[PDB]
**Q** 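First the structure, then my questions, so here it is.
Below, chain A is the first sequence line, B the second, and so on; all start at residue 1. The structure shown is a partial extract from the entry, and contact counts are restricted to the extract. Counting starts at 1 for both ligands and their atoms, following the listed order.
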Amino acid sequence: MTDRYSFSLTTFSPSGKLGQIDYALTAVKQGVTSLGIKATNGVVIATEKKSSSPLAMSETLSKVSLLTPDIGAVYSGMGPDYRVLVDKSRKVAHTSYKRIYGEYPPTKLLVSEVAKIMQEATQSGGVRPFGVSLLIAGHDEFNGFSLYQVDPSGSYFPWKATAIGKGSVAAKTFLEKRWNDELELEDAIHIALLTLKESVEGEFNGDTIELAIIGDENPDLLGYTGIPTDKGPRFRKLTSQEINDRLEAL
Amino acid sequence: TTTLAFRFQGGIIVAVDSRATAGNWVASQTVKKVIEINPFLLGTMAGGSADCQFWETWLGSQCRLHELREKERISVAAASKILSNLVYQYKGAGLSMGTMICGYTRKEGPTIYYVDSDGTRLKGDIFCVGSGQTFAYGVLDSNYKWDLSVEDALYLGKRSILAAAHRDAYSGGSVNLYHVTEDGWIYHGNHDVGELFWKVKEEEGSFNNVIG
Amino acid sequence: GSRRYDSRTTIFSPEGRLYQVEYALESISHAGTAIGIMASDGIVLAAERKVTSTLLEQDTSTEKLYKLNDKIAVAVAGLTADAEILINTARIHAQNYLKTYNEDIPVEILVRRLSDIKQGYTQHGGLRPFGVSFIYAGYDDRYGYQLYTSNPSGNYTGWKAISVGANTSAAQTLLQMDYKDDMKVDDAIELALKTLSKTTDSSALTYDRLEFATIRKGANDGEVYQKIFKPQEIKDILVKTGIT
Amino acid sequence: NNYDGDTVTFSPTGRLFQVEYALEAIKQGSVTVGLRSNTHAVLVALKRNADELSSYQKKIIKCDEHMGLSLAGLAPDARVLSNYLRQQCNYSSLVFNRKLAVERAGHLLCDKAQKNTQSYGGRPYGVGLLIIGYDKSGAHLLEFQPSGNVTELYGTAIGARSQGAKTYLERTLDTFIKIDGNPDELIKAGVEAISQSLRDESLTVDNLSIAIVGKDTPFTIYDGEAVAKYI
Amino acid sequence: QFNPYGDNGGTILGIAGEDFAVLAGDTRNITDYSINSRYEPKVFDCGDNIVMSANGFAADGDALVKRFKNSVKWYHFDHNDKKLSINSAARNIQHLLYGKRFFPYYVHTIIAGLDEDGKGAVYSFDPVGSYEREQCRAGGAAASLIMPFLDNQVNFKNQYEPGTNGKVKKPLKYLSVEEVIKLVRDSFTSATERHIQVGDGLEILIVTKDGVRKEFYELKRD
Amino acid sequence: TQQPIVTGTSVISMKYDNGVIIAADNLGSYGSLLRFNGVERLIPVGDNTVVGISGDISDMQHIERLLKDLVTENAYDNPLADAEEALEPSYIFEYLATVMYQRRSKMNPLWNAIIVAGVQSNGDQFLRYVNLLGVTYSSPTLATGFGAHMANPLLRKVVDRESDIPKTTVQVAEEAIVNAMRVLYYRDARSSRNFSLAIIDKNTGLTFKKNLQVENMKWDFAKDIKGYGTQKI
Amino acid sequence: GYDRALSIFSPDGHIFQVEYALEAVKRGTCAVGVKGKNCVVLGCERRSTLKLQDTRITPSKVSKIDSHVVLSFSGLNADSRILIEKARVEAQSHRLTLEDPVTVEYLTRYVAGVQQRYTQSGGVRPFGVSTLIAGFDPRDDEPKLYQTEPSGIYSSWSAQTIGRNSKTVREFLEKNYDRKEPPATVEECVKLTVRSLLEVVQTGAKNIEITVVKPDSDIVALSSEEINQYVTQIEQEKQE
Amino acid sequence: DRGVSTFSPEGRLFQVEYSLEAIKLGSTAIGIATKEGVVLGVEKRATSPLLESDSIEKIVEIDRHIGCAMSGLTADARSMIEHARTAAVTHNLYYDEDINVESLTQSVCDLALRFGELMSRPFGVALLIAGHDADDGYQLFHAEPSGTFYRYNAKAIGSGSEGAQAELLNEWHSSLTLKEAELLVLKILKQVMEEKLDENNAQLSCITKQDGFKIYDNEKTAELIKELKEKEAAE
Ligand SMILES: *[B]([O])([O])[C]([C][C]([C])[C])[N]C(=O)[C]([C]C1=[C][C]=[C][C]=[C]1)[N]C(=O)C1=[C]N=[C][C]=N1
Ligand SMILES: [Mg+2]
């Protein structure tokens, strides 16, 4: 046995292209549409819960995931690759930061750590790149609210708003017309629901849409009282009912 | 053990005793405390017999490999440093050595290095090593000159070991003499102390304390 | 076994070229142009971001210009992810040197170290090389202001003015034409922006498509200041030099 | 064809070509004969020279006081395998105060050769061996193939033109098995057997190599004028 | 605490003649004040006309002899059945012993045989591998009782010629195999009387160009 | 390095004209506490060997498993496992001796004293000792622990040297062994009355006797003994 | 680890990776070495395709391995740094253990050994570099000049050139260098080295580097003006 | 591609067979064994007149009683020589004696097949190992990259080998003197060499029991060349 693939499976072609990264991006293109919008007092990330079967319980499959109390992530592309990245991202937030500085990492640095993991799958021996693009929304004290995209290459860019996957080209055009620097969080959620309806074919409701926000601190979700400086997580996943309420004012 | 070596006009004199002890028990009176590393290099032995033997015949293998590779006689400096660097690796483990590496080359001339199991490496003109080193030092320091004849130098070395053989309980047996010149070392015989003492006493007029 | 699938990234062509290095350089030629210009009283780093969007958060964005320490900075051309791996290694090397000798690392020593790492990926390990070219802008008390470049081959060279990435052939000709030895930073700022303005594949050069930085002894008395320009500050210098 | 690049690849008909190619190296090797009675076991080997100035390549290797073999094929591979046998015979003696059984020695060689046929990177051994020995169950003769297959026989031959000697032994089976307490006659039968594999060349004094082991006979090799008696 | 060493007593004696060599040793094996065996062979024929004994801690002694016998076997395999000369065996044993310099074989080793000129040879080792060719050597428990006797009766030490009074030494005339065996037997008889770990039996191995011969003699069993 | 916890006392043995006898009591002591009263310390290997073990019982049980495993391993690919290529006493001993010395050399000994008694293929008697130090020796009589001090003197009166072995019958030898076991019961404070005895004969094979007891003991004279000197009542 | 055998034999008995490494040397800028009676001179080509270069800080072609030995090269620049570093470490290691600086032959033998090791080690490619190693042994006034190549073979040369158009300058040296009477002075030796490069270089401006090594650790690099004076004098004699 | 340790359909290792081709391209080396000693000679083959020919070291000392000549990719030989020298000295350390020439050769040949995917390829050089010991007297061995070694009375390796071997076939007899062998090596080298043989482009050496292994001076060889010319003109 032994892993005898100690050589790179991603290499430069004569034209200067990294084939496996390009093909990984193609896999992301086929993936279901997800988006992110940044407001003045918050960030929203959203995607469609494309259920593989009506017998399947789609609540058990979480496309939008908490990484830290103030950082969340959503994807487009290969779900399993995303799942293991979330596991690694959650762990690296502790090992390379919280166990050193006694606090959670700021969004940009956690993004940087995730990017590093995705870059190494693009150069290390005997592995293919991750077949996902991530959208990471988060808040921290000194940088405020922020939204980042991370690609299979490991490259990451900050966005005011953006979309990835199936209908990203049309969705990004839709967001360019609607976005401004004076949006409140509720306005961003409204725009997110409008933008997402265009790329969805079938049912469009709280049970087929997954949507989370980075907003105000939630002391009701903290789990304990007695420490003034601990005010609760800014990440909150919207309920099926909370989504449907905003679909009536749509 | 008493071993000495000193530089002079005619090259180097090396003189050693022959006794080996385990406590008060005299284990051997016929020990070869000088090793012929090659036709030009000598090593003296003091402390642990095995340690000195093993690592100095090993030194001869390293010196041979040097001159096979470099097509040139190894220097006394380089040879002595191979041994000192080796024992330094083993420092703390319990090696027990006190050695003189003696040789003659064109670039160096006659050269002596004191090498030690604590890692000490010293170049010098005169060295005495062993339990009876202090006794040998007395005779040497009072009679040493640069302008000694090969004949007189050889005797001084012989006499200095004899002095120590008498007083030091852990030295004795016999005296092995070597003379090192440009053209290699030259052995100058085994001299039994049991005969040498009475000879020197009579001829030299020394040891008037002892009755003969 | 596994041999079947091995690309063999570290081999010579019949002509004596390293396939992967050459192809990595081809990759870099499509990256945004980065320019470095060295003057008597400082160094300029200018770089073009690649086809951006209006929804990109520019003020918190960094893809071209990175800080290695207080005295040394780099401009990137190639894969950003690959560059960040090397940048973090370089930042550590500078700190190791500072801890060991209690002096800031000389620019060349840092450049040589990163270049040696790149070289390793071309000779052993069977891995693909880093698709990155750097422009190093730095200062130390031996050689003063210095410009270097390194590429995926691990080869590095010193410069008075240099470009990497896209349209270097056109860019280098323009720099070679207008550069003079007694030039000053303010003049070099203008030269860098004028060169990008002519070589750019975009319709017009604007503040949102640029990253800019200066290393000046324009710091209060005998010391050196790094200035990573803000979006508004790039907009002002574009008006000052008369490009917008 | 497409399935002979390495040892880790079966062909569509279930063949291992690298093993078969290793088997071919034996057929190119010089002839050697093995045979036994109930009291003694004999090896006879035709040695091969490079030219007239050269020496004749040695074919027989001693493994223990009671065991040894003859080779045909890649000689360095025989050195590796004989070295392994020397160690295994020696482990048996040091640890268990026990002379290694010839049958068990064959089992150990089989398993060592097998590992080289199932793993990537390595290669099969390119040599065939004839092991003779005398242990607690009398005289023995083994034939080792680098496929891993080991076989206990009354007599056999391997190498180029070995089929002639093998047929002769198949006829003489009832005669030579009965040659008990007579080493010289058992060797004669072995020399007569190997002679059925000769063409153009004949058995000379520096050409012939003979070895014997038996009841009260340690494994000993005969070369030079010591085999002139049998020419 | 566990003590990995022990003392099995015993005594050995090697004497080199002009064209022969003997290596003798008592057959008693002990711990503390008990006898383990009255006949436990201690001197071994190792092949190539070499005899060996490793006296002291028997477990280390058996291990060393076993490993040397093994070294002789592999010397034949690796160097075309070449005879291992006594000087070469001695150097080989130095490396076996020094290999465990920091966890020594707690034994006094002696080998005997003939050198390459056919003359008698005895070599003596300490536990960590220092060695030297010798004409005479006793090892083990009663070595201190035997060696002085051998200095006097083999090398004629402190003996002079009558009438000259100390001027002329007693000449060093050679000793026959019959003469040496007499001195060996008297050495062990004397050692048995005054040393509690010596007795039961004496086994002598004699080495000549013809091969290795054995002789056994009873010793007092108290 | 450890210390022995649950321990077994003397193992005694001797050669006779046609074979060997070995014996050991059935006690497993825990210091001065006579904890376990049904411990078998003679372990047969095939029908030609018996291994007697003293010292640490946990290590004994480990050795017992090694010997059980040795028989299994010898049978593998061995058509003559019950004939010419069966395990010999000399093979079994040398194996144990190798293990004992290797373990002492790693400073982690099997805290035991072992006697391997058996008969070889050619009918020769085998009797050899090995202990935690890897020390080995052979003798017409062998004993461990207290047996060495008390049994050997009695057994050496029957077979004093090699030439006494053919003159010693199995009845005389067994009698001597049984007497020695009684003496050890009188005088060893870590012994028991119950013991096992094994005879390996070249003609009648292996006879393994369990649940033997020390009998014909002299205690009556105790009634006359009063005080420690001057006391009369 | 990556163990792949990259340097292997071909049916005609060639190791192509080693031979392709020589092609990389053929591409490299020309380097020349000439030894006089009491000196050695190392000449090096600088391709003038690169102007706007900073010549103060740009890696110089000739590298000091110790105070008495220098190393120039032709081929891959990045590869040469690895050899130079190893050589410099070995030079200090030799002083530390032998208490004497390396001989020029020893240093060459080491560098050549490294180059050879990379031709039969798994996972690595050969160095695309040939070197000229020059200097003076300790306490010796005899000039030394050696050459190495990717295969690992090395040898001593009265005069030698490597790199692009080295065939032409070797042609020049073979007719112009007399063994019975080598360049007696520093001037004569430098002049012959500049002359040889002028057969290939193009312009005699900043395209020629010259480094003179003399006995007892006396090493100096000539400046542009000093070299320019040789260039001037050579062509003025040629106009005849 | 294909394994480095792959067998061909004929039952030969591809890489070993290819390394033999590299040895055929190497410069000629000749060895002749006599009862008075063994002579070793090589073609230096300098690629240019500016190359100082005395720096070409294709004959090498392993020990005082063993010498060695090489042919093929001579850079590969350095680690083989280093191993040989170490083996020779190490054996003297362990056994206080000279090592047998065959045992030395066997040790060198053990390295040969230590290649795979250990070193990445076989050695591209053949060796002629000549020496003397007390047991088997004067000996000459031919060590290949296959791991095989043959003893020879005389042997030629390199580019002019089969032509030289045929010449050695006729000329060698068991009563050759050392002087006769020296001239014989010079004669055959001169025959197969491209350039004209002289003391600068050819080198001689020998191993005798008394003096051990000696590489001949260019002055000493020059006389033997002059002695050769005269004796060939004598008939
Ligand atoms: B000398 O006295 O140092 C001597 C030199 C040695 C090379 C033979 N050493 C010994 O005699 C030592 C003991 C000792 C005594 C005094 C100072 C230091 C050491 N003895 C041994 O090495 C020895 C003893 N018995 C047998 C073998 N070796
Ligand atoms: Mg007594």
**Q** Please provide the name that UniProt uses for the chief contact partner of ligand 1.
**A**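 Most contacts: Proteasome subunit beta type-5.
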**Q** Help me out - what's the drug at ligand 1 named?
**A**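 It's recorded as bortezomib (bound form).
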**Q** If you measure heavy-atom distances to bortezomib (bound form, ligand 1), which other chains fall under 4.0 Å?
**A**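 Heavy atoms that close belong to B, E.
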**Q** Provide the residues lining bortezomib (bound form, ligand 1) within 4.0 Å, heavy atoms only.
**A**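 Going by non-hydrogen atoms, it's B:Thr1, B:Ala20, B:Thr21, B:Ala27, B:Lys33, B:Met45, B:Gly47, B:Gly48, B:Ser49, B:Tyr170, E:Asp126, E:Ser130.
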**Q** I'd love to know the name the PDB entry uses for chain E.
**A**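 The entry calls it Proteasome subunit beta type-6.
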**Q** In the deposited model, where does any covalent bond from bortezomib (bound form, ligand 1) land (residue and atom)?
**A**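 The covalent attachment is at B:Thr1 OG1.
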**Q** For bortezomib (bound form, ligand 1), which UniProt active-site residue in chain B is nearest, and at how many Å (non-hydrogen atoms, rounded to 1 Å)?
**A**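 Going by UniProt active-site residues and heavy atoms, it's B:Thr1, 1 Å.
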